[PDB]
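Co-structure: belumosudil and Casein kinase II subunit alpha.
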Amino acid sequence: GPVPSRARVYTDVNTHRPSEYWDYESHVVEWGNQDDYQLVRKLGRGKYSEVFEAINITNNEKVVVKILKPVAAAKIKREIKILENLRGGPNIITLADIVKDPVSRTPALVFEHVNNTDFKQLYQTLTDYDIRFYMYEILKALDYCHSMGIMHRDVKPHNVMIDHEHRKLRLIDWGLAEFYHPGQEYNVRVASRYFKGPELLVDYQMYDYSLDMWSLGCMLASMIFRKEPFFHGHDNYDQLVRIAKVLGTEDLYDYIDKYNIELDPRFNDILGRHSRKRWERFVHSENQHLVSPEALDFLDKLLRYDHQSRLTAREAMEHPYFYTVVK
Ligand SMILES: CC(C)NC(=O)COc1cccc(-c2nc(Nc3ccc4[nH]ncc4c3)c3ccccc3n2)c1
């Protein structure tokens, strides 16, 4: 059977906290006043929630209200507990309140408002300096949540709200986030197809915080190479083939051999045999201004098949790529 795996960092944070911290099923919700909040306009819908621009009539401040569909299946408590654990962490969306929605009869999460500018207008229009700056701000969020025993599991441009005017970033949508417990097997049906780590795609369940660092590498590659998305799978199988056409099949086989993973036999007809490509093959006249030796070295150390070999968020923040960012 598969060889087990453990994170190389923050392995035992949860084992040493009182059950109060990670036992989200035991958590009792403190309800605020639903009458404090007036919905202004629908902003978005996902498969698990509807999001609204709202006003807090007690202070006239803009808020965002996320009304959970009942389909959450009660995992509302994990999201609430994670949001409360992380509250006030650097670049973590701030949960202001939890009220009972009178219509849905489900919890409505009240968040601070970020005046977001659209990613499809932003992340493919930023400067070299701004890519470095915002990546550093995302790393602060990821090292904070990892240090607090939490993996986000849905890092992608849509879950990063940026107020480009105030140089303000928040990591949002913690509805897939989970507490890391060493030796625990997790559901591989997390993250969005283009950001899914190889561990998910080969059905390796004993994964950890390092899944977020793969997702972040997918975001960086799309930004520096101006290619959305970078790994453009037609489905979850083709997603691994797209990765293997860049990183090569020999390192893929070494990875699944290390963890004693058997590839789905569906791959025998579609994977082929691929060399690792040099990152310079993706450089062209339209994206060269965003590419440096430091950018490629950093990307190279995120986009590794072996989840244990990837930079941690804290190691990533030490990388030369960020030396130019004002701290
Ligand atoms: C034409 C528009 C542009 N196209 C859309 O149809 C969606 O647009 C938006 C715009 C802004 C935010 C969101 C949004 N936010 C979400 N949480 C959220 C939470 C706290 C927040 N503080 N400030 C912003 C914000 C957003 C969200 C969560 C789950 C599912 C979907 C979500 N969606 C969507």
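Residues: numbered from 1 along the sequence shown. Note that ligands are numbered from 1 as they come in the structure, with each ligand's atoms numbered from 1 the same way.
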What residues sit within 4.0 Å of belumosudil, counting only heavy atoms?
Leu43, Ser49, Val51, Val64, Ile93, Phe111, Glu112, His113, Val114, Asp118, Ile172, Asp173
Backbone or side chain, does any N or O of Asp173 fall under 3.5 Å from an N or O of belumosudil?
no
List every atom of belumosudil that sits less than 4.0 Å from any heavy atom of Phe111, numbering the atoms from 1 in the order shown and giving each element.
19 (C), 20 (C)
Using UniProt domain boundaries, which domain of chain A contains most residues that touch belumosudil?
Protein kinase
Nearest-contact summary for atom 3 (C) of belumosudil - protein heavy atom, Å
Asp118 OD1, 4.0 Å
Please report whether atom 13 (C) of belumosudil has a protein non-hydrogen atom at a separation of less than 4.0 Å.
no
Filter the UniProt ATP-binding residues of chain A to those with a heavy atom under 4.0 Å from belumosudil, and list them.
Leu43, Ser49, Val51
In the entry's source annotation, what organism is given for chain A?
Homo sapiens
Can you confirm, on distance only, whether belumosudil has an N/O atom lying under 3.5 Å from any N/O atom belonging to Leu43?
yes
Starting from atom 22 (N) of belumosudil, locate the nearest protein heavy atom and write down its residue, its atom name and how far away it is, to 0.1 Å.
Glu112 O, 2.8 Å
Which residue supplies the protein heavy atom nearest to atom 16 (C) of belumosudil, what is that atom called, and how far is it?
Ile172 CD1, 3.7 Å
Does the N or O separation between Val114 and belumosudil drop below 3.5 Å for any pair?
yes
As a test of the contact definition, would atom 24 (C) of belumosudil count as having a protein heavy-atom neighbour under 4.0 Å?
yes
Identify which residue UniProt marks as active site in chain A lies closest to belumosudil, and report the least heavy-atom distance rounded to 1 Å.
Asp154, 8 Å
Can you list the belumosudil atoms lying under 4.0 Å from a non-hydrogen atom of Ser49?
29 (C), 30 (C)
Protein heavy atom under 4.0 angstrom of atom 1 (C) of belumosudil, is there one?
no
Students should be able to answer this: which protein heavy-atom is nearest to atom 28 (C) of belumosudil, and at what distance?
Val51 CG2, 3.5 Å
Between the protein and belumosudil, which nitrogen or oxygen pairs come in under 3.5 Å, and how far apart is each?
unit_1      : atom_1 : unit_2 : atom_2 : d
belumosudil : 8 (O)  : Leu43  : O      : 3.0
belumosudil : 22 (N) : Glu112 : O      : 2.8
belumosudil : 23 (N) : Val114 : N      : 2.8

